[PDB]
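Quick look at a structure containing ibuzatrelvir (bound form).
A, B, C, ... go to the sequence lines in the order they are written. We're sticking with the PDB entry numbering for chain A, so the shown stretch reads 1-304, in order. We number chain B the way the PDB entry does; in order, the residues shown are 1-304. Just follow the structure's listing: the first ligand is 1, and inside any ligand the first atom is 1. Side chains included, hydrogens not; waters and symmetry mates left out as well; all remaining heavy atoms used.
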Number of protein chains: 2
Amino acid sequence: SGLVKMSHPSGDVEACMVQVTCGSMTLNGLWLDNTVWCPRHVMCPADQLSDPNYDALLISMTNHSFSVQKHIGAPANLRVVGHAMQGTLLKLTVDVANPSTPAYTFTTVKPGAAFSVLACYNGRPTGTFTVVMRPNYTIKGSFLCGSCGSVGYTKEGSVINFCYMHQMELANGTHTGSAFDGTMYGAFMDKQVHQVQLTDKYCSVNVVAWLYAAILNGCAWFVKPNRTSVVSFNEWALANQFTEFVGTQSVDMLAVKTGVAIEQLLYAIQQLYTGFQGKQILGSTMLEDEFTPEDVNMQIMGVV
Amino acid sequence: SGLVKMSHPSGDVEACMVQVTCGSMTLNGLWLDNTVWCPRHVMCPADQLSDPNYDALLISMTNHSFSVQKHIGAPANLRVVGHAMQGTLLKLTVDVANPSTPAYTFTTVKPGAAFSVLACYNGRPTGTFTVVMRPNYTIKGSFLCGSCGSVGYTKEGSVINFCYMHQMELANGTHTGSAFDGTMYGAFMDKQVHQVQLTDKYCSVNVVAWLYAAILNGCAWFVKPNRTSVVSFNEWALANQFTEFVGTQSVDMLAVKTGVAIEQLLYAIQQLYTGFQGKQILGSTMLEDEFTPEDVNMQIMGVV
Ligand SMILES: *C(=N)[C@H](C[C@@H]1CCNC1=O)NC(=O)[C@@H]1C[C@@H](C(F)(F)F)CN1C(=O)[C@@H](NC(=O)OC)C(C)(C)C
Ligand SMILES: *C(=N)[C@H](C[C@@H]1CCNC1=O)NC(=O)[C@@H]1C[C@@H](C(F)(F)F)CN1C(=O)[C@@H](NC(=O)OC)C(C)(C)C
């Protein structure tokens, strides 16, 4: 038992991290098969970051403008034999296929979904943590200068689903990056100009999963017979900075195991959102929305 | 910027995990050089777990009573050529030295200290998270059947300091394990009998580090000129379920960078411990004590 902020083991992804350098700029890249992905702003001089012309930067480069080095594990310098831009990312083709390429897919995550991040500097992993894609299409990470190209991913069995490449910090503790189609989460621009963000909201479905996790760990003081329908809750949520609730099979399994209906926990949220009044749930005095239904099913019941 | 629950990259330790089987019992072990460490209760039949005689169990075993298998990465079956007991752990000598043994030390952590845990089942890593050794010598983990032998560790540079091998769950979400001298944290017995725990307390020095992290991320509404001396705070702490505060160089660096004295934050704790009254600090409505001064210095300032 117990519910914690859990990340995937990072070793499989550590074996794919490289350092990418373009002139005076350096960051991290992801080496899969014969391709190295990295943020395109590695091509931009500091003095042009406020108004880059990435199309012009790209044509000013040759294959030799990029240097790709693997430091950790099996060391190596990889020769770039091709270069292309896709959205906010570069795709560098290298002459050697990564012998440690895992089974992988590329996916784009949705608000409320959780993924593991491997934070790296100079091609060297330094930490791992789990984030939730916020309703305003940012993440609340921990990233310093040089962290771009750090990757986020989920895992289904042995398959790694890469979903995030770190790009920028929009405000204190507020970050965004690209999916591997090159689209920036939240459509923010990789240019150094202030860009307003939407207000953050509570992820209602994750709050429900966490309340179920509480029931499963012996904490149910907030469960009453009262119920609020999904439709009624969703009108309320839009007026109170909560996301609209969408049920899933994963949530249904928790309702079955506990015998507590989703609608009872929606009612509870409407009472608890103003404060627990000295009471606590799983050691917290506020609603927690960083645990997904899938995370709860996995940690508490072993079920995937 | 940003402060999150961060763990070390786990790849170096993943390469050291094995499965250890003794009869009908199986769990994880740690393979370093020619030694495999694992919990001694792998020798105990389920029907004797409430009153084991580990000295008698050990003499009833031969080297062949243990089977050690590595599943992930470089697979292998390791032949046991020696077996010994140290405290609550077994030390099995195997015929092959782990070619991926990192530089390592063994250390015993203190309340308030944080470490990374690699949770494993059947010799296969499944997740990683960071815990703090609680003042009552438990950890708040996430562990299911089969998780014993999962390891906790810190890292100083490239050196891994192993400090924890998972042994048991004492209550919901409440865990303990061994240091690698074989001593159980909190002196709990590896026998299946209820064992009372001391009450948990807030780790005051980590609360101070987190308040400094708040100041560094633009949040200082709780800072006032008022001060409380360490001596005065420590008498108060013993009456209010807080640990006694011990300053360190790591804390002093945060006081210097922010210009806010430790004694100002000790006063703040005495006002905030009853509730923030609708206000928030780093997105929380309660004091947080899972971030150490070292963690804060590292994540926010890059400094080790
Ligand atoms: C990649 N190494 C960094 C990561 C950034 C550094 C501080 N904390 C982080 O997460 N990425 C950048 O520096 C980008 C690159 C430039 C651009 F995005 F291409 F324009 C500027 N970057 C920013 O992150 C800026 N943020 C911003 O302009 O938001 C509108 C700041 C943080 C001002 C450099
Ligand atoms: C190792 N695989 C497990 C881990 C345990 C399982 C449930 N969640 C966990 O963290 N360890 C055990 O099952 C130990 C082994 C026995 C003994 F410690 F050697 F006696 C019993 N174990 C327990 O954890 C028991 N806890 C206990 O008796 O506390 C006093 C329970 C959880 C009742 C099996």
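The chain sharing the greatest contact count with ibuzatrelvir (bound form, ligand 1) is, according to UniProt, 3C-like proteinase nsp5. Other chains with any heavy atom closer than 4.0 Å to ibuzatrelvir (bound form, ligand 1): A. Other-chain residues and nucleotides with a heavy atom under 4.0 Å from ibuzatrelvir (bound form, ligand 1) are A/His41, A/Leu49, A/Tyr54, A/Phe143, A/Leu144, A/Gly146, A/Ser147, A/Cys148, A/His166, A/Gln167, A/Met168, A/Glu169, A/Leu170, A/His175, A/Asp190, A/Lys191, A/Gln192, A/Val193, A/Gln195. Distance screen at 4.0 Å: atom 19 (F) of ibuzatrelvir (bound form, ligand 1) has a protein heavy-atom neighbour inside the cut-off.
When each atom of ibuzatrelvir (bound form, ligand 1) is checked for a heavy atom of A/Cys148 under 4.0 Å away, the hits are 1 (C), 2 (N), 3 (C), 4 (C), 11 (N). Distances below 4.0 Å separate heavy atoms of A/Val193 from the following atoms of ibuzatrelvir (bound form, ligand 1): 28 (O), 30 (C). The deposited structure shows a covalent link between ibuzatrelvir (bound form, ligand 1) and A/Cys148 SG. Ranking protein heavy atoms by distance to atom 10 (O) of ibuzatrelvir (bound form, ligand 1), first place goes to A/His166 NE2, 2.7 Å. In chain A, the UniProt-annotated active-site residue lying closest to ibuzatrelvir (bound form, ligand 1), with its least heavy-atom distance, is A/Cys148, 2 Å. Taking a cut-off of under 4.0 Å to the non-hydrogen atoms of A/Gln192, the atoms of ibuzatrelvir (bound form, ligand 1) that pass are 20 (F), 21 (C), 28 (O).
Less than 4.0 angstrom separates some heavy atom of A/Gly146 from each of these atoms of ibuzatrelvir (bound form, ligand 1): 2 (N). For ibuzatrelvir (bound form, ligand 1), the atoms closer than 4.0 angstrom to any heavy atom of A/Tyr54 are 19 (F). In this structure, the protein non-hydrogen atom closest to atom 25 (C) of ibuzatrelvir (bound form, ligand 1) is A/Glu169 O, 3.8 Å. Among all non-hydrogen protein atoms, the one lying nearest atom 23 (C) of ibuzatrelvir (bound form, ligand 1) is A/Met168 CB, 3.8 Å. Numbered from 1 in the order shown, with element, the atoms of ibuzatrelvir (bound form, ligand 1) that lie under 4.0 Å from a heavy atom of A/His175 read 10 (O). Ligand-side atoms of ibuzatrelvir (bound form, ligand 1) in range of A/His41: 15 (C), 19 (F), range being under 4.0 angstrom from any heavy atom. Note: an N/O pair closer than 3.5 Å links A/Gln167 and ibuzatrelvir (bound form, ligand 1) by distance alone. In terms of UniProt domains, the contact of chain A with ibuzatrelvir (bound form, ligand 1) runs mainly through Peptidase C30. For A/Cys145, no nitrogen or oxygen atom sits less than 3.5 Å from a nitrogen or oxygen atom of ibuzatrelvir (bound form, ligand 1), counting backbone and side chain alike.
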